[PDB]
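So, a structure with sunitinib in it.
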Amino acid sequence: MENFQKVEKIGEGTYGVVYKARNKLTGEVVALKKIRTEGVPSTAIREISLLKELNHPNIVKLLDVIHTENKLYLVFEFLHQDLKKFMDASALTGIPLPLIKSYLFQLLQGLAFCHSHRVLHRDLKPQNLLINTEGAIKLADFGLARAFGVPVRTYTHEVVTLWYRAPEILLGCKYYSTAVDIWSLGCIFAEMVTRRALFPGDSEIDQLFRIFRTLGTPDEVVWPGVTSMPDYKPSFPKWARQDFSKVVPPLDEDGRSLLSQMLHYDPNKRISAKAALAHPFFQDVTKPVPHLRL
Ligand SMILES: CCN(CC)CCNC(=O)c1c(C)[nH]c(/C=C2\C(=O)Nc3ccc(F)cc32)c1C
């Protein structure tokens, strides 16, 4: 883009490539996301504007959309680090619980806001969560698989993480609900705590079976309707649920109780972002400042 000097390529998206870029007029530093070119739907750019009018301290601001010359550019505010990088950097000592807690609380606020506005993320993962020096965390790179839609790639030969995908998606449900984002955020919370991915599947079925081995193979008792879902097979192995205290030690009982509710199989039993904010886990929540090396 001639309006912009690329400083660097800071991420490889689901949709496209993200660049750190400077505006030659304003001198403002931004994140620039470029999307691959068929006639490049009209319908898409409509509901991108739905993302543009979202303003919340926990949602990364979308500054502009630019359709010119058969690529789509999304201009976003720039943040200095992503949670994936921060977790890797914190792997030795772990992220302090008060900071984990503030981050979870803020992400739930962000989700509560998005969801009350009928916007789903669908894509949540540590790479998509951005932090700053003042202790804020923000939802970014909304994946919307309507308002556009879903490829199997981003641009070139990049491998999509299934680790955060809700079981209803894996079982082939056509219609997502807001519950899919709470699932992903639950997986992220566990990972901050234990410093290991909770469900690191290497394929769709391995992802499913990893969830089953830990939470038990779902049945009609815990998840009415499950056996009727498009990708469900009666031939799935039957695993018993693991004791939950094995899962995220040493998280306290308030944390485990909240996590267990974010991880319910039935999208209808799964806690809402709004209700999650009222959980006793957050009674002592504060806003600590992260030690960030930029
Ligand atoms: C392994 C961790 N990371 C993945 C490659 C490596 C490092 N990458 C980083 O730290 C990083 C930084 C410093 N900014 C972003 C991305 C965005 C940003 O700032 N505003 C946005 C608005 C929308 C959006 F969709 C992405 C961004 C990343 C991934």
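Numbering starts at 1 and runs along the sequence shown. Just so you know, ligand 1 is whichever comes first in the structure, and atom 1 is the first atom listed for that ligand.
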> For sunitinib, which ligands or chains should I point to, including every copy?
Replying inline: ligand 1
> Going by the PDB entry, what is the chain that binds sunitinib with the most atom pairs under 4.5 Å called?
Replying inline: Cyclin-dependent kinase 2
> Which residue of chain A listed as active site in UniProt is nearest to sunitinib, and what's the minimum heavy-atom distance to 1 Å?
Replying inline: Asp123, 8 Å
>> I'm curious, in chain A, which UniProt domain holds most of what contacts sunitinib?
In response: Protein kinase
> Looking at this entry, which organism is chain A from?
Replying inline: Homo sapiens
> Does the N or O separation between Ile10 and sunitinib drop below 3.5 Å for any pair?
Replying inline: yes
> What do you reckon, does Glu77 have a nitrogen or oxygen under 3.5 Å from a nitrogen or oxygen of sunitinib?
Replying inline: yes
> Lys84 to sunitinib: N or O pair under 3.5 Å?
Replying inline: no
> Heavy-atom contacts under 4.0 Å between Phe76 and sunitinib: side chain, backbone, both, or neither?
Replying inline: side chain
> Considering only heavy atoms, does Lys20 approach sunitinib within less than 4.0 Å through its side chain, its backbone, both, or neither?
Replying inline: neither
> Considering only heavy atoms, which residues of chain A annotated by UniProt as Mg(2+)-binding lie under 4.0 Å from sunitinib?
Replying inline: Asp141
>> Are any of the N/O atoms on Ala31, whether in the backbone or the side chain, positioned under 3.5 angstrom from an N/O atom of sunitinib?
In response: no
> Which UniProt-listed ATP-binding residues of chain A does sunitinib come within less than 4.0 Å of, going by heavy atoms?
Replying inline: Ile10, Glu77, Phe78, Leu79, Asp82, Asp141
> At a 4.0 Å heavy-atom threshold, which residues contact sunitinib?
Replying inline: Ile10, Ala31, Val60, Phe76, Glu77, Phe78, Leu79, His80, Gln81, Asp82, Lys84, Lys85, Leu130, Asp141
